[PDB]
Enquirer: 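I'm reviewing an experimental structure with bumetanide and have questions.
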There are 2 protein chains.
Amino acid sequence: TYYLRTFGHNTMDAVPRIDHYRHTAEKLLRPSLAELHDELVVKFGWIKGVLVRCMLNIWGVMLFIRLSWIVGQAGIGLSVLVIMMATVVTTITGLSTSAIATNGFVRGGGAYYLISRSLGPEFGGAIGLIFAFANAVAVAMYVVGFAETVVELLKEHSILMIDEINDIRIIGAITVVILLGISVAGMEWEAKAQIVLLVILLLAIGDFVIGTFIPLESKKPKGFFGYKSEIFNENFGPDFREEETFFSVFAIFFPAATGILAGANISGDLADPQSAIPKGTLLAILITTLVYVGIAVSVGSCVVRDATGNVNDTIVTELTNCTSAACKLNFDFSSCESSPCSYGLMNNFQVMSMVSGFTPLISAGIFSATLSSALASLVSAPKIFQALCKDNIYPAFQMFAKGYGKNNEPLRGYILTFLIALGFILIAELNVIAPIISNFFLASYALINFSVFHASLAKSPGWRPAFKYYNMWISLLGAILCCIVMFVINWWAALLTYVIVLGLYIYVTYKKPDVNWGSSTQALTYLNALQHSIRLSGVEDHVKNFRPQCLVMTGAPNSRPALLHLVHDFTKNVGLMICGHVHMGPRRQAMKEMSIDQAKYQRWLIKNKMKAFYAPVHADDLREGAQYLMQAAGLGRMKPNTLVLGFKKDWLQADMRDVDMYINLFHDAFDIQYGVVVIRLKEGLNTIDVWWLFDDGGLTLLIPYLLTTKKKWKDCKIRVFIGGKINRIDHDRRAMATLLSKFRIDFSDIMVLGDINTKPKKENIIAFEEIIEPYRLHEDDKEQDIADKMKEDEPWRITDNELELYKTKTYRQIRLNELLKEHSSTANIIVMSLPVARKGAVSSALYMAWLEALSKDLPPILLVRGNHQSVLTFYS
Amino acid sequence: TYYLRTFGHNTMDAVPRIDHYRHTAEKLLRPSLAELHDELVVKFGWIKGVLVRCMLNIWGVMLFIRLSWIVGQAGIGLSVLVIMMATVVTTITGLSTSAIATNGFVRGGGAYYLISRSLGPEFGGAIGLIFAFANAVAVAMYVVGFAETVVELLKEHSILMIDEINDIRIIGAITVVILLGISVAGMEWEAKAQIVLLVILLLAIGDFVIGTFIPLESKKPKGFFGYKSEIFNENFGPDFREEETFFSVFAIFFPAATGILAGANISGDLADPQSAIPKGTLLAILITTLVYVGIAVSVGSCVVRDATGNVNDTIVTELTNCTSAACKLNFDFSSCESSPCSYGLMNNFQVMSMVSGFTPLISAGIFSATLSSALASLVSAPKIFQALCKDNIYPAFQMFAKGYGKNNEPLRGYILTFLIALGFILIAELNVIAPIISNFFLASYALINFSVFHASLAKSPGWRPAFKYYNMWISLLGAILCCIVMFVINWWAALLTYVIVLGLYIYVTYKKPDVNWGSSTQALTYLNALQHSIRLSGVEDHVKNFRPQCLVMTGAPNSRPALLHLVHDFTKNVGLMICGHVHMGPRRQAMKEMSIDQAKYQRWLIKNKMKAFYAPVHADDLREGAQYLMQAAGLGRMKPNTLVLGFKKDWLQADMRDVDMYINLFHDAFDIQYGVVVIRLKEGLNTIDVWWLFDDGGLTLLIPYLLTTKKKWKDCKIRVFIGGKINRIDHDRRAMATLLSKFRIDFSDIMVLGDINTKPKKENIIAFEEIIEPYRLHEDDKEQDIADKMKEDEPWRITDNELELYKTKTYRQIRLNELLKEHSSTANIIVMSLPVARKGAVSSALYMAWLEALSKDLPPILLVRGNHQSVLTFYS
Ligand SMILES: CCCCNc1cc(C(=O)O)cc(S(N)(=O)=O)c1Oc1ccccc1
Ligand SMILES: CCCCNc1cc(C(=O)O)cc(S(N)(=O)=O)c1Oc1ccccc1
Ligand SMILES: [Cl-]
Ligand SMILES: [Cl-]
Ligand SMILES: [K+]
Ligand SMILES: [K+]
Ligand code: NA
Ligand code: NA
């Protein structure tokens, strides 16, 4: 029966499957909500790819040469502490790297890809460039270590080509060329070389361990004695026998702990990360740390610090106190504290190859240790560089993004890193440059830990690490410790690397590349905005804290640029600006139109440096869309309180439905207690005159003050016009002066006008009547059928009863325009009180004609009507 | 002739008057917008009340006693440097005080009133308590200085009552009693006493200056020589003949620079501030600094450092070189370096009373200098205390706010400060206390400067200070310098004062007093929220940055508390919660209802730790108000994307118009790309089962993950139910497991059901039909009048054609409820996919019955339908 078929076969709705969430690597092409609702070649495992590579990269030129010197200059306990501090740093860094790795599929590159996809392209580009350069230099430094041991073994025998430095450069160039050859040959060959070096190095470590368990009398003159408790108690203690300190020993040891990201830098060639990187990196760190601690302890409890290389030392046991621990085992290697004696645990770096068995085996271990790390860094650098260049963060380096072969191999990057390493090898004296490279590595580790902390601070639902044990405070502590260790090693190198990081960050944030990766920075932006708004929602309103929160019915924010600039003038950095656009038409097309317009106009607002919000709505007409915006726009206490309208210039030649809707917008704004600002200015193209004739709470006074508080209008002086009575001009002038001095509003002059409430000129009244003519109802000259006109061609038709009952207001508007023409004709901008027409008593056409008559033939003028709630105060 | 009357007489709209902005000190007030729209005893001047008080408070014990010691230890140049540094601190503090005091009317109080009204009651209360205590201690300090000079002048004669440390207390108690008496007498009496002390002190200064232009041979054995250029060139340079440094000298000098707020603590008795405090304080600071500099230079270029007072010191032109500025004038006061000589600039503090003429005049200058400052502190402390107590910030001190007499005089505070000063006088050894009091004053000054900087960083339109020359960077610099100077003297005193300020601030912010003064803190809250939202508006959306932005149709947010808590569970700290309320009725009453409910419900939300926004609207019905909210609610990119509704539990016993409106809310949400979440739980009042059978983009999966994120559901494990095919259970289960492992969604078990698509039980289908019957159209048994029935009692009437076209979907809902009953009966919460009914094809009643049949008789269940835009991702 079909009752037992595939669920979801008898419906259009699709069951969840991986094909709906897969970008490119289809099935059923998951149905849209409308369709359901609308009316009808080389891959490595974690062992060979991560564990082995990190293992080899960590173990370099120090495990077999300089570690004994460290256990000599500092005690066994102090050496263990030095090891454990860097181990803690690398362990926290590895935990953070794992947490970043288990968040999603990592395409290619290493630490760069993780950092850039975690917290964006600025830190990402900075750390990518710095880490790539650090690996390129580390190639030269490991090769220089190889050259040093080669020339040392040649000088031990009878062989020398040129001066020691020149021979070092000559051999190092050859080895770097050979390493470039192996790297170019491909990744499988690199892996084979890596595993053979791993087995040789493990054999060398076993050789050393077996050697320390078989003491011989030939090495008795040396420091070798074979795990004598006297040596243990003697070497346990900080004997710094030169211009050396604990911090300097830590600075010397720290480069050994690096290389933890060799496996993570291969992510572009791993079978799958999110399973390989975490366990491989953690196991590598654990094993390397255990080996370091064990070998340090063994060499400290088996070799004495000072030793004289002569069989002439005797064990006769003659009369001697010999409080030192050298004599307790025998008289060999004693009393070379007066003059510099040849060797021991403080003057010999070959002691590792001494206390062992087969010494050429230890030399081969040296070669393998220093060459595996160089190969790892030489592979690591171009992968990171190519991953960063594919993103085109720095357009100048686009050439190095190319790949070759079946597996994308950056041969240009290989050539570039080979050239950089070769250049740094010819110098061959890199002890000055080593702290800078260590600080670069530390900066990369610190920003990895900060990446985890920052992604955990922002609470993005898409953070979701698969790897547990990644506490955010532990990662923040790891970043802090990385910075501290960076400063401990060569303070000025740390300052310089901070300078480079900051400069690259600024350059990237100025270039502003067009990439969107869902970084933790954007999530943190959202979280900050939400938390700040929630905090603001609990703040009680107060009069001194009032701001003009303006909703402007600009439609497209491009139609009236000058108007939007003017509104921005008294809103930018003070209050809120919402650009309201109402879209009409069929719903399906209008939704797409709004989606396109939102992006386009928000981008235009950002590009033109406007601090405005775009608020598009869909409604059947302008009035109800404005109703939507005036009822619901905003969030919490950031809702608008003022409606800003551009003057309807074409109302004379337009359908009176449109002007009726304009005036109804006025009425609705007054209905829900909004202030209204009407702006009339010439869109084609020093005093600010404020005619404050009616008390609206002070909005018509507050707007021009905010105008003068900006640099654009800083040179314009506010002068005030108020209404008064003749023969009392000075009294009212002084009252106004004291009133706005209590408001601390700077003014240049106050003009009291007594010519208001006087009949305007005959020509002006004739012109107003001529303008009014085609909108009169003329009920006096008509029969009772005019009531039908009052319900069909209306309520915009102008009646005779209201034209006679409001003739005072009409004359006041005309006379006020005459006064504005006579006085404020040469003002930069005019702010004037906006008349309020009582709803249900004044037709739309009469209101619009009042505004036209009052505003005609004037410089930029603002008609303002406040909410009649107090907006100013003179109380503290 | 009425055309020339008062403007605004023939209209209802008023003209701007002072009475419209006056709290209590009439007229007809300002007419409301609705009315125009809706259809039918001691006061001081700045000279006496500020300038004199500040000059008297600044000049204390040091001006006439220890200034010479400072000029002796440090050089003339370093003395001028110390004076200028303290002057810079006090001048920036005075500019900041001026800027704060020229904003609004300052009722009473002093620096407390300014600080509290500028940046709120927390810092305000802290600094009020600290400054009041500091002035109370300073009373005892100045009284102790007066007692010390009295006892010194008594010991110069043969008079002595008891041991010096006890005679000091005996005299100091008497002087503090007399000071309390004169303070209690009244303001006018205190002013007269201050004026006479000012004239006596000016006479003493003139005495010193007149006596320095009169070199007498009787004072020649001492350091007095009378402006010899050798002394000028010799008294430069820092010769510290003790364990004293430059910083210690500065610490000794700084208490002389304080007292700059004496005229600002009298603000409650000034004729008018905003004009008295600025000019008076600045002029007082300038005058005091000029006098300090002149006195330092004069006494440095006139008196030598060391002087062995003896007539036997003569200069008979003996054979000697003596390359020092002692013999160049004469042999007097020469060679007292082997043993400490009796006096001079370094060993004498009475040198001021010696250089001058009449010496008792200088002693009276000492007395006036100490007593005027003590009186100023004793007056200022209770004024600040009673201003702080009138606000009830600390309700334990409410008894100290009451005043007696015509002018409100805090007599209780007077007794309190008298008792504190008397207690500190009995100790009589306050040199340990001194750094604490200096640090208290410095903290007060620093927070004044920070008040100006804060009010300038926030850009409140109501900041508007009347005093220019108040650059905010200079104020920030002054605050930083005040902190630095606080640290320079007695670092641990600075730590202690920071501890007290921090503790008082925490206590006040925990007590949360009910005041609202329009502080700069609230303005900065608004500015920060706006800036963060503007920054967020320029952030491109990404899939892994998606958050659930939910608009919940709660109505009153306390009607369904369990539903509100559940929505909060997956919204708190992640995404946005908007509580939508639709208000109906007449507009005039509904606006007032909305205004009341906004405050009430926002306060209720805050008081229950809910991070939700209240969004009330006025609309004709629920549907169009919800349309308002879905179209316009939110600011920028912080707009809702999901609609959350509670289940209509009473839909059976309700008018079908309401349920039709509910289902139309569903359809409208689906129309504009909104997810819908339906929640059905018992309002009366461990696994999370997710039955997500259709791919909505992942919202049905994302919500219960966010549920498990919270600590309330941290013990609940997500287990998943999907629809599959029999005999392919394991393959589908594995596919689901890998899909949600790529999503990093932790699950306990996956259950695949093949029993879906099978016919439900007979009893359940019978019950569904019985519930359905009352809303059936039954057109098969009727005539063409059913078409009219399908237009009036409609479109909620259920047709037979759709009941047959969607019988499979009905059976699926019933069967799914059976499966939920048998499987998820014990779950803590159930999340299930929400069926999508195609608009125009399924009646409202059929859709509601589908939901009811699906979710009936179950634990708390969520029906979720996502946007069908991708919400999860497995890409990094
Ligand atoms: C940034 C680390 C890159 C390799 N450099 C580093 C590696 C190791 C090691 O153990 O991997 C040990 C040392 S060190 N302190 O010399 O013993 C190294 O410092 C060098 C090496 C050679 C030239 C100059 C500095
Ligand atoms: C916080 C300031 C309160 C007054 N105390 C202060 C005032 C003046 C002055 O000139 O007004 C000078 C000094 S001084 N020369 O440093 O001792 C004063 O320190 C004293 C005074 C007496 C007892 C202990 C400390
Ligand atoms: Cl690394
Ligand atoms: Cl003060
Ligand atoms: K290493
Ligand atoms: K003083
Ligand atoms: Na290596
Ligand atoms: Na004084």
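Letters A, B, ... label the chains, following the sequence lines from first to last. The residues of chain A that appear here are 207-231, 236-250, 282-926, 1022-1212 by the PDB entry count, in order. For chain B, we keep the numbers from the PDB entry: what you see runs 207-231, 236-250, 282-926, 1022-1212, in order. Read the numbers this way: they start at 1 and go in the same order the structure lists the ligands and their atoms. This deposition comes from electron microscopy, 2.5 Å. Hydrogens, waters and symmetry mates play no part in the numbers below; they use all other heavy atoms, side chains included.
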Enquirer: Indicate which ligands or chains correspond to bumetanide.
Expert: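 It's found at ligands 1 and 2.
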Enquirer: Can you peek at the structure and tell me the main thing bumetanide (ligand 1) is bound to, named as in the PDB entry?
Expert: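 By most contacts, it's Solute carrier family 12 member 2.
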Enquirer: Using a heavy-atom cut-off of 4.0 Å, enumerate the other chains touching bumetanide (ligand 1).
Expert: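 The other chains in heavy-atom contact are A.
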Enquirer: Under 4.0 Å from a heavy atom of A:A379: which atoms of bumetanide (ligand 1) are those, numbered in the order shown and with their elements?
Expert: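 Under 4.0 Å from A:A379, bumetanide (ligand 1) has these atoms: 3 (C).
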Enquirer: Is there any other ligand or ion under 4.0 Å from bumetanide (ligand 1), and what is it?
Expert: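 Near bumetanide (ligand 1): ligand 5 (potassium ion).
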Enquirer: Restricting to heavy atoms under 4.0 Å from bumetanide (ligand 1), which transmembrane segments of chain A are involved, by UniProt's count from the N terminus?
Expert: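 Non-hydrogen atoms under 4.0 Å from bumetanide (ligand 1) turn up, by UniProt numbering, in 1, 3, 6, 10.
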Enquirer: What organism does the deposit give as the source of chain A?
Expert: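 By the entry, that would be Homo sapiens.
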Enquirer: Which part of A:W300 is near bumetanide (ligand 1), with near meaning a heavy atom under 4.0 Å away: side chain, backbone, both or neither?
Expert: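 It is neither part, as no heavy atom is under 4.0 Å.
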Enquirer: Considering only heavy atoms, which residues of chain A annotated by UniProt as K(+)-binding lie under 4.0 Å from bumetanide (ligand 1)?
Expert: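 From UniProt's list, the heavy-atom cut-off leaves A:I299, A:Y383, A:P496, A:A497, A:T499.
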Enquirer: Which residues in chain A does UniProt mark as chloride-binding that also have a heavy atom less than 4.0 Å from bumetanide (ligand 1)?
Expert: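 Per UniProt, the ones with a heavy atom under 4.0 Å: A:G301, A:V302, A:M303, A:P496, A:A497.
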Enquirer: Looking only at distances, please establish whether an N/O atom of bumetanide (ligand 1) is found under 3.5 Å from an N/O atom of A:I493.
Expert: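 Indeed, backbone or side chain, A:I493 has an N or O that close.
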Enquirer: Counting only heavy atoms, which portion of A:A675 has something under 4.0 Å from bumetanide (ligand 1): side chain, backbone, both, or neither?
Expert: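 It is the side chain that touches bumetanide (ligand 1); the backbone stays farther off.
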Enquirer: Could you tell me whether A:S614 and bumetanide (ligand 1) have an N or O pair separated by under 3.5 Å?
Expert: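 Such a contact does not occur with bumetanide (ligand 1).
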Enquirer: Using a heavy-atom cut-off of under 4.0 Å, does the side chain or the backbone of A:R307 touch bumetanide (ligand 1), or both, or neither?
Expert: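 Contact part for A:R307 vs bumetanide (ligand 1): side chain (C-beta onward).
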Enquirer: Suppose I only count heavy atoms of A:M303 and a 4.0 Å limit; which atoms of bumetanide (ligand 1) are within that range?
Expert: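 The atoms of bumetanide (ligand 1) under 4.0 Å from a heavy atom of A:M303 are 10 (O), 12 (C), 17 (O).
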Enquirer: Define the binding site of bumetanide (ligand 1) with a non-hydrogen cut-off of 4.0 Å.
Expert: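 With heavy atoms under 4.0 Å, it is A:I299, A:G301, A:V302, A:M303, A:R307, A:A379, A:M382, A:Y383, A:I493, A:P496, A:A497, A:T499, A:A675, A:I678.
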